[PDB]
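Entry below: contains cetuximab.
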Amino acid sequence: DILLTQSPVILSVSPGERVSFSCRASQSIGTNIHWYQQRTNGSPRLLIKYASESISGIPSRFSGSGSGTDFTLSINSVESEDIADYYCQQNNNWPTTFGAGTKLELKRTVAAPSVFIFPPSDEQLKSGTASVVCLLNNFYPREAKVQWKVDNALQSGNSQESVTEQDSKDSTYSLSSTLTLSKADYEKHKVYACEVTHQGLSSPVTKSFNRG
Amino acid sequence: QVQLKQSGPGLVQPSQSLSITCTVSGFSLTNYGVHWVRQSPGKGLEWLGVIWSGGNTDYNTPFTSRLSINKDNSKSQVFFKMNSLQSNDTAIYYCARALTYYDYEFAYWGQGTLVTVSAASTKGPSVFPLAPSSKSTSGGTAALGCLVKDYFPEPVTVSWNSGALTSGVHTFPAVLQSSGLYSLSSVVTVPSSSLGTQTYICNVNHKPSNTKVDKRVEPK
Amino acid sequence: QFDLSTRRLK
C-alpha cells in the first residue's frame, strides 16, 4: 500500500493568513490525490480532486497543487469556519489509502471565560448521587484551571472536565467541570465553590453556592 | 439531492457481527458503486470495500474473508456485514459514493455509524436539569442546560426546543466515568428576561437503548 | 489520533 504522510500534525494560524497542508506519498502517484475536510462530528467533505481540480460548492479560497510524491492543499485567506482536520487520499494504486490528517487551529485574542455554577437537581438527589457543574463559557486560549472546594476542603480526583472543539464562529472554547459526590456527603456540607484560573482574568474567579 | 442514510448506531459483542444498511436517494444503485470506509483511532481513514453497479464486490485485502457487501437496487439499499469484531474494530463506519461511476473521489458520504465493540449492556441515560439562577446569570444573560448521565454506548444526540434553538448551544464531548458509563452536559445561554416567557427543553435521544427524553429546564 | 466522540484528531 502507498504510505501517505501529512505534515505537520497541527497547524495554528490567524484569520486572513494563508495556510498550506502538505501530503507526501511513499512512491510517485502522479496527480491522483484528493483532499477532504472533516469538521467536528462531521463526515469527510471533498475539497479538491486530482491534486488541483475544483469541486462544486467549495469556496474559492481552497486550491491544490503538486505531482509525484509531494502535494499541497492551500487556503489563501483562512476563515474561522475552516477549523477542521484535513486528509489527503491517493488512488494511483489499489487499494485507495488516506493520510493521517492535519489539524487546523485558529488563533485569536485572549477572551476571559464567563463562569457559571449549577447545584445538583433535587431530581438527581432522589437517586442518591450529586453532580455539581461548573461552566466556563467562550474563552481563549484553551488552558484553564478549575479547582473545587467543599467547605474549604480542596477537592481532588472526584471531578471530570470536558472541552468543546473550537467554535467555528468566534474561535473560543467552552469547558465543563463536573464534581461528583454521594447524596450523603452533599447533604453533609454547605459551601460549594469552583475557582477558575485563566490568562484573561487578572485574578481567580470563584463561583459558589450554599446548599439550601 | 444525493443522499446516503445509514442505520442507527449500535453495540456489537466481541466475536459477533456488524450489520449496517445504507439507504440512498438522488441516484440509482444500478448506475453508481457504493463504497465503505471506516475511521478508527488506530488506523485513521481506511477504505473497506465497494459494491459496483452490476453487483460485483471488491474488498480491501485485510477484509476479504470477514466482509460481505450486498444490495437491493429496487429498495435503494446497500447492506454491509462484517464478521468477528474485536475491540479495535470500534470505529465510525461510512458508506460513500464517488463523483463518477467507476471512480474513488468520494463526493457524497453517509452520516456515519458509530460502532462500539464491547461485552457490556446498553443503558439509557438519565436527564437532569442544569437550572438557571442568579449564580448562572451575568449581564442579563442566563446559562442553563441538561446533564445526560450514565449511558452506554455512545452516542446521544441533544438538541434544544426541537431544533429551533441553536445559537449559544454548547454540547460537551462525552467523558467515560469509572463505572464504564458515559456522561455529558449540554448548555445554552439565553436572555435572562426570556426565562419567564419562553420554554426551554433539551431533546435527548439515545438510539441504542431507544431512549427519548424531553427535559424541561426551569429556574428553581 | 482520531477520537470517536468528536470525530476530531486529539
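Chain identifiers are assigned alphabetically from A in the order in which the sequence lines are presented. Here chain A follows the PDB entry for its numbers: 1-212, in order, are the residues you see. We number chain B the same way the PDB entry does; the residues here are 1-220, in that order. Residue numbering for chain C follows the PDB entry, covering 2-11 in order. Just the heavy atoms: all of them, side chains too, but no hydrogens, waters or symmetry mates, feed the values below.
All instances of cetuximab are found at chains A and B. Within 4.5 Å of cetuximab, most heavy-atom pairs belong to the chain that the PDB entry identifies as meditope. Binding site of cetuximab at 4.5 Å, heavy atoms: C/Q2, C/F3, C/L5, C/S6, C/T7, C/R8, C/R9, C/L10. The name that the PDB entry gives to chain B is cetuximab Fab heavy chain.
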